[PDB]
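Entry with esketamine: notes follow.
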Amino acid sequence: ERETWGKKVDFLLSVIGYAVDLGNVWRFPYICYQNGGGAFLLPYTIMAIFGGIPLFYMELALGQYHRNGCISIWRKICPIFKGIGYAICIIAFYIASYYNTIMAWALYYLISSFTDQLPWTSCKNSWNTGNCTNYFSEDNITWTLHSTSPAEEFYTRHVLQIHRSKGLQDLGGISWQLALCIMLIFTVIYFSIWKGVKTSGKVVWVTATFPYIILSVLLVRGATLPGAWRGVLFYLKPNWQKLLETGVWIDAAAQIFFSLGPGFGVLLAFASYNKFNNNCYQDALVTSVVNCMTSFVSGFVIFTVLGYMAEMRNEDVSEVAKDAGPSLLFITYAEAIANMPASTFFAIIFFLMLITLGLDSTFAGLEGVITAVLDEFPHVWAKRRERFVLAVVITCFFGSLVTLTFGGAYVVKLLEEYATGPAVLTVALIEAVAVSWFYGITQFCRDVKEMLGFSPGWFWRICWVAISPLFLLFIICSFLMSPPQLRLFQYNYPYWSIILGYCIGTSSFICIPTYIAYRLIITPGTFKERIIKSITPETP
Ligand SMILES: CC(C)CCC[C@@H](C)[C@H]1CC[C@H]2[C@@H]3CC=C4C[C@@H](OC(=O)CCC(=O)O)CC[C@]4(C)[C@H]3CC[C@]12C
Ligand SMILES: CC(C)CCC[C@@H](C)[C@H]1CC[C@H]2[C@@H]3CC=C4C[C@@H](OC(=O)CCC(=O)O)CC[C@]4(C)[C@H]3CC[C@]12C
Ligand SMILES: CC(C)CCC[C@@H](C)[C@H]1CC[C@H]2[C@@H]3CC=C4C[C@@H](OC(=O)CCC(=O)O)CC[C@]4(C)[C@H]3CC[C@]12C
Ligand SMILES: CCCCCCCCCCCCO[C@@H]1O[C@H](CO)[C@@H](O[C@H]2O[C@H](CO)[C@@H](O)[C@H](O)[C@H]2O)[C@H](O)[C@H]1O
Ligand SMILES: CN[C@]1(c2ccccc2Cl)CCCCC1=O
Ligand SMILES: *[C@@H]1O[C@H](CO)[C@@H](O)[C@H](O)[C@H]1NC(C)=O
Ligand SMILES: CCCCCCCCCCCC
Ligand SMILES: CCCCCCCCCCCC
Ligand SMILES: CCCCCCCCCCCC
Ligand SMILES: CCCCCCCCCCCC
Ligand SMILES: CCCCCCCCCCCC
Ligand SMILES: CCCCCCCCCCCC
Ligand SMILES: CCCCCCCCCC
Ligand SMILES: CCCCCCCCCC
Ligand SMILES: CCCCCCCCC
Ligand SMILES: CCCCCCCCC
Ligand SMILES: CCCCCCCCC
Ligand SMILES: CCCCCCCCC
Ligand SMILES: CCCCCCCCC
Ligand SMILES: CCCCCCCC
Ligand SMILES: CCCCCCCC
Ligand SMILES: CCCCCCCC
Ligand SMILES: CCCCCCCC
Ligand SMILES: CCCCCCCC
Ligand SMILES: [Cl-]
Ligand code: NA
Ligand code: NA
């Protein structure tokens, strides 16, 4: 028999810690500022109500009924789409390649914070070149275009050492400091998810609830600051005319789908361990509302601190938050923390928040892949979950050996934009179409009624058959036609970077058509018999 969760709060906190991550602490406030303001919460809630939330509930109920991973459920839903599972696996190898190393940066920052004076306050250090001017109106104020804040120098010349990498063309060298700081992270991850869901479910009691104990302290500190009101009044001020631009809705859809994550193959893995009669409706509602409210509150703390630091300089906002990426956590917020009264305590606390914020998501992705593979091939890797988790962790670390180089930030951005792009959305769209159209939403509603005790309402069937595919289609058709012009640390990505990104995404996607061709060509029969007997779920 499978290994059930052992306690319901284990499942709740696992999903809650997987939904909240290092992205929505820097990505949601930046996105809310850039795309409107308080007028972005309307498209956020509109694309959450009809978008991420019904897909979230669909995946949870599907996994909890079929009791399989993401490579084996398709044996009893639509056998031709089994390739989806493989695609999901590949996607993890990309995300776990870069996501982990971001936490590595955080860990290094935390190791740097154990000093009486934080290293990114003064700029008389070794890595700190000219063009500093000490920032924050320190002594003589001659802030020019060539000047650079000390935290920027610390991030891009000590933690990253990106100045010894000419660019994405030459990723010269490799940081041994970051290599150690990520070997420790992978040790933590593997020893937290190795024994399965009986240990990875009690670990997330302290890495999915510590970020809240830390957000509370960070919020109470930020709110009682000089310049908090300007930091919030520039976060919730509605640019209503911004709603008229399709980009705002496109971005709200992308944000909700990539913060809830309905389609990465992890919700099925977590829900498959649930008891049969477990209420997935209440779990989906609670762990989606908690995700959305956590994103909102994290935006509050980020913007209150930003407003404080912009009021200290007595200069306007939107030039403080120039950088659109993890730099915001390591260059801007680190600066504002370094100017706080008890700078050391809040630096340590903030980077502990970041590490515990990313750890749950890494646990969840890795365990989704582990469950999928452990269930697809049950005879091999049965009494050896530990060895397979070891192989998964080693493979992820070896794939993360490139983002640890000096041009590490370049590959981190390249994997951040691609990999998790139209490939993930296409996989999720094929999942929604396979369950709702092929397996039939009437049979899915019969399954959900025999589990929960009530058939899904008309809203759920309408949002599963029609609106949710017509939402992933919106995101996909809007990501493909508009190609990004990537940039990071005054580096214009080359021509071949977009080709490399397209190949990165296609490597993930091509798992689906390949398996479709394989199954249609190996199956005996005529021209139509192949598809008719490859759509019907396999008899037990
Ligand atoms: C971000 C800051 C400013 C707000 C702090 C929010 C937390 C205090 C909340 C958010 C999510 C909550 C958790 C969400 C899920 C659950 C599962 C719940 O478990 C049950 O299902 C038990 C129900 C019962 O039988 O009474 C126990 C509370 C707990 C851990 C909650 C405890 C309180 C938490 C951490
Ligand atoms: C603006 C201020 C007052 C903050 C208060 C917001 C909450 C009261 C709302 C905002 C979004 C809501 C959620 C958005 C989506 C839904 C789906 C909804 O599903 C349905 O069955 C809806 C049926 C229908 O819409 O006809 C159940 C409630 C829930 C979780 C909502 C619960 C209540 C939430 C958190
Ligand atoms: C010391 C540094 C420089 C190298 C790190 C090596 C790791 C890849 C190894 C070393 C110790 C290993 C663990 C020690 C022993 C085993 C038992 C091994 O056998 C089982 O399947 C145990 C089954 C059971 O628990 O009964 C499974 C892998 C595991 C847990 C290992 C997981 C991988 C670890 C961390
Ligand atoms: C169905 C066949 C497709 C299989 C895979 C084909 C590979 C195609 C890869 C194309 C890569 C585009 O990758 C995608 O580009 C969009 C375009 O805005 C960028 O997306 C970016 O802008 C959007 C707004 O639109 C926001 O959500 C956010 O600021 C960021 O994600 C990212 O870079 C990536 O999400
Ligand atoms: C892309 N980010 C996610 C993720 C999934 C699996 C592994 C790592 C990560 Cl980072 C995708 C699902 C929503 C939030 C989550 O962090
Ligand atoms: C600042 O940087 C520019 C090039 O980015 C360089 O030419 C200039 O000499 C630097 N200033 C100082 C004081 O080092
Ligand atoms: C009528 C329901 C609209 C829901 C809007 C939620 C976010 C609005 C925040 C308050 C406006 C500044
Ligand atoms: C992140 C990669 C997921 C799939 C795991 C590949 C390696 C499995 C073991 C192969 C060597 C024995
Ligand atoms: C119940 C919460 C579990 C938190 C993570 C494991 C803690 C183990 C402590 C004993 C070994 C040092
Ligand atoms: C996100 C906070 C809760 C949203 C609704 C959860 C539904 C639980 C059923 C009982 C509500 C009182
Ligand atoms: C029984 C499984 C057969 C699968 C054949 C092809 C799988 C996808 C290959 C795409 C590149 C990894
Ligand atoms: C694609 C699965 C069935 C393969 C049968 C032969 C198809 C050959 C013509 C299409 C080539 C693109
Ligand atoms: C709570 C799920 C059902 C919501 C109502 C759907 C139909 C609305 C009236 C046409
Ligand atoms: C040599 C075989 C490589 C894998 C073939 C997968 C099916 C091809 C369909 C035309
Ligand atoms: C995660 C399991 C990968 C299996 C891929 C099979 C492809 C055969 C060519
Ligand atoms: C970093 C956590 C590792 C936990 C392993 C426990 C080993 C005890 C002998
Ligand atoms: C049975 C040993 C499990 C050890 C869990 C360690 C968790 C580290 C974060
Ligand atoms: C019943 C679940 C209790 C969770 C408490 C975790 C607190 C960790 C600091
Ligand atoms: C004990 C099993 C370890 C297998 C490591 C595989 C690494 C693949 C790159
Ligand atoms: C310069 C030291 C490199 C450390 C990593 C190489 C072996 C994993
Ligand atoms: C139940 C709807 C399935 C999709 C319809 C496609 C018509 C060509
Ligand atoms: C889009 C194809 C749907 C087929 C459903 C199964 C046949 C009734
Ligand atoms: C097939 C069950 C009801 C579907 C409602 C309409 C979807 C477009
Ligand atoms: C999307 C709502 C459809 C309602 C039609 C069926 C009412 C019994
Ligand atoms: Cl969010
Ligand atoms: Na999130
Ligand atoms: Na987390």
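Numbering of residues begins at 1 and proceeds along the displayed sequence. Reckoned from all heavy atoms, side chains included, excluding hydrogens, waters and symmetry mates. Numbering of ligands and ligand atoms starts at 1, following listing order. Method reported for this entry: electron microscopy, 3.3 Å.
Copies included, the model assigns esketamine to ligand 5. The chain that esketamine touches most here appears in the PDB entry under the name Sodium-dependent serotonin transporter.
Contact with esketamine, defined as a heavy atom under 4.0 Å, is made by these UniProt transmembrane segments of chain A (N-terminal numbering): 1, 3, 6, 8. Taking the UniProt Na(+)-binding residues of chain A and keeping those with a non-hydrogen atom under 4.0 Å from esketamine leaves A19, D21, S259, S361. Both criteria (UniProt serotonin-binding in chain A; heavy atom under 4.0 Å from esketamine) are met by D21. The 4.0 Å heavy-atom shell around esketamine contains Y18, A19, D21, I95, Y99, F258, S259, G261, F264, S361, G365.
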